[PDB]
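Comments concern the structure below.
Read the sequence lines top to bottom; their chains are A, B, and onward. Numbers in chain A come straight from the PDB entry, and the residues shown are 23-256, 260-317, 323-830, in order. We number chain B the same way the PDB entry does; the residues here are 12-251, 260-830, in that order. Computation of the quantities below employed the complete heavy-atom set of this structure, encompassing side-chain atoms and omitting hydrogens, waters and symmetry-equivalent molecules. Ligands are counted one by one from 1 in listed order, and the atoms in each one are counted from 1 as well.
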Amino acid sequence: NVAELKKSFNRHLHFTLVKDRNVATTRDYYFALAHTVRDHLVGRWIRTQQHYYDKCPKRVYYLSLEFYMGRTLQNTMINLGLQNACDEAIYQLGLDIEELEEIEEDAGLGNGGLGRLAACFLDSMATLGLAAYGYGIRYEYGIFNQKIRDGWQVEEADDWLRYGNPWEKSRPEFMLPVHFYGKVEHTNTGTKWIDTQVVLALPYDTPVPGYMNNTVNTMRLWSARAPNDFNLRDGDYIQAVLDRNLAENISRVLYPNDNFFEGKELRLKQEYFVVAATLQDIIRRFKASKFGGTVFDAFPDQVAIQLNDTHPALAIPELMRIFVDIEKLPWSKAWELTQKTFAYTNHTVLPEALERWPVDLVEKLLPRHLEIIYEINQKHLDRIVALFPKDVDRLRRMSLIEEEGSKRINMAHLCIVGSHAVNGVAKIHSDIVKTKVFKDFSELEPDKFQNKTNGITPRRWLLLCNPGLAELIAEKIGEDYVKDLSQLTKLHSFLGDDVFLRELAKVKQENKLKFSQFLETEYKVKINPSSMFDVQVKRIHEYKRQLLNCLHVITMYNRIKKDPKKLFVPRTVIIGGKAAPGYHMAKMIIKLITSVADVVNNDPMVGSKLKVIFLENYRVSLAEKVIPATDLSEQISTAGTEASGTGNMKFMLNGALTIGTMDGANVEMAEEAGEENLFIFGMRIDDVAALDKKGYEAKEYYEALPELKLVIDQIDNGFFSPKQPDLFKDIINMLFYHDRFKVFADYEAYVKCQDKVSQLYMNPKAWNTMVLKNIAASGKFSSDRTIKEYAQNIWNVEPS
Amino acid sequence: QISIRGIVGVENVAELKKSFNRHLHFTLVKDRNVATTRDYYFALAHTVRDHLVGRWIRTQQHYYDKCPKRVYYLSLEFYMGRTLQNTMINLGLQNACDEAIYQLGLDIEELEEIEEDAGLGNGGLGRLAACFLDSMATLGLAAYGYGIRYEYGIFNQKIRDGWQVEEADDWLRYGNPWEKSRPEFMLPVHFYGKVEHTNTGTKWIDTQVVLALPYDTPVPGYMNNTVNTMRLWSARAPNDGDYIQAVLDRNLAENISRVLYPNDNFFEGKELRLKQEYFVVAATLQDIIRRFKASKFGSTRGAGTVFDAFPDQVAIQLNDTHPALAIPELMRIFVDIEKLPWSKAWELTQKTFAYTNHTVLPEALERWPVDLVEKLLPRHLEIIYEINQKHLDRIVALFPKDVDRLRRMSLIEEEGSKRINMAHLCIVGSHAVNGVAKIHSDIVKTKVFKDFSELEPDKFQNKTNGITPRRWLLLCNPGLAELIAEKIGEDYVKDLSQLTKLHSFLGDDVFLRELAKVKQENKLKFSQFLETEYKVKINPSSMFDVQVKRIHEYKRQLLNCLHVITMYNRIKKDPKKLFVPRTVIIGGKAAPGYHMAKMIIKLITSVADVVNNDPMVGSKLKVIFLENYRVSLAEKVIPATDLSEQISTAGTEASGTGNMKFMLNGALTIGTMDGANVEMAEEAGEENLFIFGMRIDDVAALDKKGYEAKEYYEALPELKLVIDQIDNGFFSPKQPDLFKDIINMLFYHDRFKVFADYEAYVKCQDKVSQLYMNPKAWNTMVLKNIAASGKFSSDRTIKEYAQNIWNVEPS
Ligand SMILES: Cc1cccc(Cl)c1NC(=O)Nc1cc2ccccc2cc1C(=O)N[C@H](C(=O)O)c1ccccc1
Ligand SMILES: Cc1cccc(Cl)c1NC(=O)Nc1cc2ccccc2cc1C(=O)N[C@H](C(=O)O)c1ccccc1
Ligand SMILES: *Cc1c(COP(=O)(O)O)cnc(C)c1O
Ligand SMILES: *Cc1c(COP(=O)(O)O)cnc(C)c1O
Ligand SMILES: CC(=O)N[C@@H]1O[C@H](CO)[C@@H](O)[C@H](O)[C@H]1O
Ligand SMILES: CC(=O)N[C@@H]1O[C@H](CO)[C@@H](O)[C@H](O)[C@H]1O
Ligand SMILES: Cn1c(=O)c2c(ncn2C)n(C)c1=O
Ligand SMILES: Cn1c(=O)c2c(ncn2C)n(C)c1=O
């Protein structure tokens, strides 16, 4: 097999890259290897499509505006069982596979957790043999490349397709028209949506290999193209051709907002674009099937469509439009079938994230969908009036339309009424969703609302990113854990095995040494090998409280400066993440962190006790490097704000201990591992509510806590910005008068908890014993467990 | 060519079938149960490209190892057409691929018809570049084509309510299996900014950057081991406000390579066009210099790289003035970047460049406003001014008392808005200037650039155009190619002058019938196409009378239309009188902004409607406006043609190349003594062409006298009738005034003297009809045309450029 891989590599270099080795580039070698690897899954890819056609399993369609896929080469090698043989083949060719792997651009087609969940799910669904396709947009530009210039974030275009993508296949044959604008006529042959502008949707297919099985599923991503046909309704010829750019702009760039709604028309076009192309494709495949007594009675027995957040909410009225206006089904039948087809996953309760589209905007762009939405709402409110004749406010609360001045469509409400199942993403969150946020809806339909706790794939997030740990675990308990991560509980038998604990520590140490080389190469800071790696990587947000971590960094710095001879447990503090470009406070927080880092790293009285890195361009491939090197994972969102989290799970699986609040899935991590094996601190959700009731006065904490006062005064008075002493005035103002996330209220408990972490870190046996308990309890957080639950309780499909 | 018989030939076919199936599977990722005809086309295309990779690599190695002098053909246009069949033929793989595809149960014609034209040109100029690439590869020259990878080539033409409409030519929609992107050779191109004159010298600063990403297409020689390269540049925004809008605004940089300017023989001074011209020049020159420095002739001294040997290792041909900015750009690189003394840099520049002039029509001449150039390319304006100053200083020295000569010879047109005469820039910056046919090159030398050729009497040359006999005989007319080979062997393909051996069959009635049979087969096949696309019943015994070329006043499709109406009126006047039946086909694109050309199309379609539907005419006369004329369609209609219409006003068509294609493929020519028509008459004998009308001196005499169109209208009853019908609404009854603009032009503003050639043209046409009634005489004349067409091989043309301009040797 090694010999044939080398032969295949050389054939691709020659015929595919059209290069003699004398003038080949590193990129050429990457592409030759990529093609060699892709070739190994084509047979199963084709045979999987045949199998689904032949056997007609119910299909699952995961519809998302985001797929945060990272790099594909190593993941594909691992899932096909080819990694070791490819490593050896490339070595024999006089190359280094790790160098080739670094050439590949991330498919950064998402913002954070939501998009990464979609990615993990694809992997899990393929590994479980489900007839599942991911449907999304092939953005020409993904999440921006982040650079730091003078300590500030600057954005560069993520031109990930510049040199091509060997992991996609365009299928222009399957191109479909999407309509916009136009007008509606209610004719005696049905409602017609006419005089529209057309944009074509060209699909690109990327293979999704199951881990060591026969399944290769598909991620189909749509790209926007201008139509070619002359219309009699049709100026400068050259400008007309250039203006084709306007249609093509629909798939140009991912909106870089994490947990934040921006009601831009282009974003609405993206949402409808993906929905319209996807539903047409699904219906085409259904009609071509052996199920293709009218045509669509079997549709929800053959089709499940999962809505990833409310971003593809328009799928609901689009399916109704197709059923009623095109296929001529009665409204009642169409609506029955629609509800049985769709399920909706809610990912946040933060109000700034909620999608509320102005009715005037929807009327202009999608007049027929607005009609359909108004009719869904009418039939919905008619029911509520029937059940609660007197409750006028309940009608207001439950309407899909918010009438308060500027009328807006509540897309979450649309998703709830149009779906048979609604789930949150962690127990704490799903409860809030059910019993608070959508109380009025769950009361009327109790069985609709569910929980499906998030998860992560142990292929990318253990086998790939941490082969040392994966190997060590395999050596002790075999490799069944890869496909059933609950098998990690067997590691509990090795508590008290001191040789094993040393082996476990050595794996972490090797990871840290490797990541330290990266850090020294990229940042030219000298890393203390014996320091605790204290890491907070996630999107920059007020709710995630990178700011709270920064206060702790400054607290540590001041303690060292005040007592230089005192025992200090050394740390490398790493904070990274992107800020949404329009998010002013997040950008200020990045500048604060880089400003602190500059002072701390260059103070000769501090030296190797404490180094601070703002980790630039945080993304999936970089997550894979830092996570395995981490000792302490920071998961410190205000209680009630992080729906689940998944970075938390990645760190747990990779041998880090967690400092965190009782928020999102942190709560379930504590349940699985034991609360005493996490560093839990701070206000619980009820404590936060009590402070809201009483009223939050940040000044009181600043006055009462001397260490906080010095930290805040330093920030406020130019200690970290001597050339611009008032630089951080907006942060200070926010902290004292507009802090929705109560940073000062958790500061004391946070610092005391951090003190306990440092104490435990001085005791390697105790530390590593606690680590083992975390790894051994991490099995619940496999996305294979998550997908099995969706399959059984939402989609009604069986792993195969 | 590769055998399909015996042990080895069976294996050749077997390997091709295996490769096809491998590509369908691994490349297209399709089970045959779901494969489309397009999938099969791509699987074959990939297979065929695989078969030239070895030679392509070994060609590059050979040029590196032996360092022959390289020829770089720099053009804004490469009108390449389809590549699959051309490549199969040149590699000797057509028979084997045909057999493989047949054994797979597929129709290779259907697969071939899937391919989009690479329509990256407007007409003759762009197609000449394409023929040249084929010939340069066939002759083993170390030659690359350099151009722009337009996302959209020449628009697709449709006819709606009788008018041209344009659709975007989205030729890359399904991908291009021929090209290979080369990311690592990306180069920056600079725009705007300003010039700083400092202690360290002149710097061009504060510029905007656009990246140029090259894509390589293989250019296989006919039956040799050479595969040359066509490198086409694509514009990208650099890597490095509303964030979203900043990302969308990257479209502005990428717009530089978005679309081919669809003007044929017409200058439109648009800023985007100037950007295109600089883009291709800047990326190309950087790439050429990089290759030179990497070569065995690359060496460094105290200043750095010695460029002394540069013009011994590099020739750059400027296809028209479109890449004229190459001259000041090479000077900019030499002087500003490499720090060469101006004098030395200018000497090297002149020895490197040669310029081909393609037209003397004034509306075609590039004259860029200096203010536009100052804005976009401020350093190039400075360099152009300095070239002009030193140029005029020499003229002052030689002709101290001739002030008007300075005005005439300046690169700058000073009157009103100052403009740069790009032709003048090309002449002074080049060591050789050539026109494209004897008559044209003489006008260029002795009239248009008289002041320059007097000063430098050896600079000016002629290189008569040619066409490749691969695409334009072997490929498009296999029936004729086979017949010729049966009679005289297959050595004509590489030495087309061997066609004179066909004179052995003068008076051989068996051969003359064979020639007619080939034409008839072509006509029947093409008639099937016409009846599928058009509501017409084609008379299979009719003469196919064809005028296909871009729509222009100078090319006089309008004159042809007057003859069509004349024929119609004769039939109506005397329905029982004998009439030699014709199918009149006129085709070509109009530039979208060219009002008169668009009116002429509408006239032709309006006439067609009347003629085709008049029951008194019936099968005597049918008229077709052939839509979307382009290279692949030219390959179909040309071999089906009996009479080739080449009727430009004397002095206006620099050469023409359609004329040559028709001659090679067994049509007789009706034409004026213009461009290469004059040379076709020389080769075949003037008595074997239907030559008519004013010659160039007659046109000059009429200009001097003053042209009064109404005199012809009053003197020629048949013309009067035609014009009155057009003017009065006979061809536009629902809109009687529709053709007012055509009538006004013809009477008061006709620079091309349509009425002045009408009488001679119609009389000449009468002679054609008479000959067509005598198949033996007709086909005897055809034989004499085919037999004399050897001069018009572009292999002959390229050998002359090689010897007399580039100083390179066929290998
Ligand atoms: C087939 C082909 C066509 C165009 C360009 C390339 Cl890069 C390729 N591939 C390729 O293999 N090129 C060469 C192979 C060689 C093999 C042995 C010895 C020399 C070789 C040179 C090339 C080659 O194309 N070199 C390019 C060039 O001549 O354009 C060279 C390389 C680096 C900088 C400048 C030019
Ligand atoms: C690997 C792959 C992934 C996605 C799409 C395709 Cl077209 C391919 N290639 C492919 O060969 N697909 C199929 C092969 C089959 C072989 C035997 C029997 C049935 C097969 C079906 C497919 C296939 O993908 N068909 C598509 C589909 O299921 O998406 C089908 C075809 C035409 C209209 C609608 C759907
Ligand atoms: C896992 C992951 C996330 C989500 O992290 P959280 O801490 O749960 O917000 C975001 N970005 C990347 C690149 C990830 O891999
Ligand atoms: C050969 C050719 C031309 C040039 O034709 P002329 O009659 O010489 O102007 C123009 N267009 C196409 C498609 C051609 O093949
Ligand atoms: C709208 C949005 O991006 N929500 C995010 O979704 C992911 C995946 O469910 C959660 O882990 C995270 O807590 C939450 O902030
Ligand atoms: C500017 C331009 O396109 N000129 C054209 O060039 C071709 C190629 O030489 C000639 O055959 C033709 O007569 C001439 O009109
Ligand atoms: C105020 N604000 C923003 O303005 C913002 C954002 N994310 C993106 N943007 C622009 N978030 C989370 C936010 O709170
Ligand atoms: C007047 N005119 C035009 O306007 C024109 C053209 N070709 C393109 N355009 C726009 N020609 C040849 C022309 O003579």
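- The drug or drug candidate at ligand 8, out of caffeine, mirogabalin, pyrazinamide, milrinone, psilocin, is caffeine.
- The chain with the most heavy-atom contacts to caffeine (ligand 8) in this structure is named in UniProt as Glycogen phosphorylase, liver form.
- The other chains with any non-hydrogen atom less than 4.0 Å from caffeine (ligand 8) are B.
- Every atom of caffeine (ligand 8) with a heavy atom of B/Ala610 under 4.0 Å away is listed here by number and element: 7 (N), 8 (C).
- Contacts between B/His571 and caffeine (ligand 8), counted as non-hydrogen atom pairs separated by less than 4.0 Å, involve the side chain only.
- Listed by atom number, the atoms of caffeine (ligand 8) under 4.0 Å from B/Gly612 heavy atoms are 4 (O), 10 (C).
- When heavy-atom distances to caffeine (ligand 8) are checked against a 4.0 Å cut-off, B/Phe285 comes that close only through its side chain, counted from C-beta outward.
- Applying the 4.0 Å criterion to heavy atoms of B/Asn282 picks out, from caffeine (ligand 8), the atoms 8 (C).
- For atom 12 (C) of caffeine (ligand 8), the closest non-hydrogen atom of the protein is B/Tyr613 CE2, 3.4 Å.
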